[PDB]
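Structure showing avibactam (bound form) engaged by Carbapenem-hydrolyzing beta-lactamase KPC.
Residues 23-57, 59-252, 254-294, in that order, are what chain A shows, numbered as in the PDB entry. Atom set for the values below is all heavy atoms of this structure, side chains included, hydrogens, waters and symmetry mates excluded. Ligands are counted one by one from 1 in listed order, and the atoms in each one are counted from 1 as well.
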Amino acid sequence: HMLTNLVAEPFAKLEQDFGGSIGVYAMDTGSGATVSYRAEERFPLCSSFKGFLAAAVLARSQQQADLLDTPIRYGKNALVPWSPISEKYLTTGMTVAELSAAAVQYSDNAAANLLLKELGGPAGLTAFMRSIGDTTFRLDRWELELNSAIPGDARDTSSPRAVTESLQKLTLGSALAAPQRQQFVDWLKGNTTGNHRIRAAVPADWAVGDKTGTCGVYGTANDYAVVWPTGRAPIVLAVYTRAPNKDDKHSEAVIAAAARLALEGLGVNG
Ligand SMILES: *C(=O)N1C[C@H](NOS(=O)(=O)O)CC[C@H]1C(N)=O
């Protein structure tokens, strides 16, 4: 607690202007200092579970050396809405590694469902998260049902804090073996969907990997990232939003603004 919120930031004004709730947890991995706002509340994961999904696939690949190269063929019935990569390879198939990259970097929904099946479904991904010490994360449903974002419904949710803690373990800690850790980082660095979220708050000369989520209802959207400022230790952070009404709109700008406040709260000159 001594190093939590050393510098107050106007998160309450930001969420009031947004018309909803914002949850933020940011960790300076050098000093241990944190910024924390609504950090232990639950927010829907939406597409953001797909980063942890890819990490779980990489963990499995440490015991199954042929897993990532395995070619997966799928039928048209697998192509649920928002499958921009897998729809281009319907007639050819794609490897497990390619599906993982597509789930992370293009948020591909068919790819995510196919990989969930490899892991034994939502309970299998939840079990992986438990195995790294995350007692908050839960996945309960598949794409697209997991995006319903119903107020008060704990299904398919985590907390900003647990998201950040698990992201740190998987990208910087020892939850994955070193080759798999670097592959996970590389997939996150190559994300294409987050340019208007945490990345918009991070200087262009710093490295950053992220995964976004956009449930499409209840103003519910999010992003988590690992950021490597030059000359100081990496920062890990998570920004989640939700709002009371089904037709409330999400805001990318609010996520970027919350990330800026988090970095300011850590004293990171950006
Ligand atoms: C994830 O939340 N989804 C996948 C896709 N875009 O993902 S992103 O916004 O997180 O990059 C479409 C929206 C959404 C969904 N409804 O599955």
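Given atom 7 (O) of avibactam (bound form, ligand 1), the protein heavy atom at minimum distance is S130 OG, 2.9 Å. In the deposited model, a covalent bond links avibactam (bound form, ligand 1) to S70 OG. With respect to atom 16 (N) of avibactam (bound form, ligand 1), the closest heavy atom belonging to the protein is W105 CZ3, 3.5 Å. Per the entry, the organism of origin for chain A is Klebsiella pneumoniae. Nearest non-hydrogen protein atom to atom 15 (C) of avibactam (bound form, ligand 1) is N170 ND2, 3.7 Å. Under a 4.0 Å criterion applied to the non-hydrogen atoms of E166, avibactam (bound form, ligand 1) contributes the atoms 17 (O). Close contacts of avibactam (bound form, ligand 1) with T216, meaning ligand atoms under 4.0 Å from a residue heavy atom, involve 11 (O). Considering backbone and side-chain N/O of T235, one or more are found under 3.5 Å from N/O of avibactam (bound form, ligand 1). By heavy-atom distance, the residue among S71, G236, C238 lying nearest atom 10 (O) of avibactam (bound form, ligand 1) is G236.
When only non-hydrogen protein atoms are considered, atom 17 (O) of avibactam (bound form, ligand 1) lies nearest to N132 ND2, 3.0 Å. Scanning all protein heavy atoms for the shortest distance to atom 1 (C) of avibactam (bound form, ligand 1) gives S70 OG, 1.4 Å. At the shortest separation from atom 14 (C) of avibactam (bound form, ligand 1) among protein heavy atoms lies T237 O, 3.1 Å. Neither the backbone nor the side chain of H274 comes within 4.0 Å of avibactam (bound form, ligand 1), counting heavy atoms alone.
Counting only heavy atoms, avibactam (bound form, ligand 1) sits under 4.0 Å from the following UniProt beta-lactam-binding residues in chain A: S70, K73, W105, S130, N132, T235, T237. Short contacts between avibactam (bound form, ligand 1) and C69, defined as distances under 4.0 Å to a heavy atom of the residue, involve ligand atoms 2 (O). For avibactam (bound form, ligand 1), the polar-atom distance check finds no N/O of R220 at less than 3.5 Å from any of the ligand's N/O atoms. Heavy-atom distances to 1 Å put the closest UniProt active-site residue of chain A relative to avibactam (bound form, ligand 1) at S70, 1 Å. Defined by non-hydrogen atoms within 4.0 Å, the binding site of avibactam (bound form, ligand 1) is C69, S70, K73, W105, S130, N132, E166, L167, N170, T216, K234, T235, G236, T237, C238.
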For each nitrogen or oxygen atom of avibactam (bound form, ligand 1), which protein N/O atoms lie closer than 3.5 Å, and how far apart are they, rounded to 0.1 Å?
unit_1	atom_1	unit_2	atom_2	d
avibactam (bound form, ligand 1)	2 (O)	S70	N	2.7
avibactam (bound form, ligand 1)	2 (O)	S70	OG	2.2
avibactam (bound form, ligand 1)	2 (O)	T237	N	2.9
avibactam (bound form, ligand 1)	2 (O)	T237	O	3.4
avibactam (bound form, ligand 1)	3 (N)	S70	OG	2.3
avibactam (bound form, ligand 1)	7 (O)	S70	OG	3.2
avibactam (bound form, ligand 1)	7 (O)	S130	OG	2.9
avibactam (bound form, ligand 1)	9 (O)	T237	OG1	2.7
avibactam (bound form, ligand 1)	10 (O)	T235	O	3.1
avibactam (bound form, ligand 1)	10 (O)	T235	OG1	3.1
avibactam (bound form, ligand 1)	10 (O)	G236	N	3.2
avibactam (bound form, ligand 1)	10 (O)	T237	N	3.4
avibactam (bound form, ligand 1)	11 (O)	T216	OG1	3.4
avibactam (bound form, ligand 1)	11 (O)	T235	OG1	2.8
avibactam (bound form, ligand 1)	17 (O)	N132	ND2	3.0
avibactam (bound form, ligand 1)	17 (O)	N170	ND2	3.3

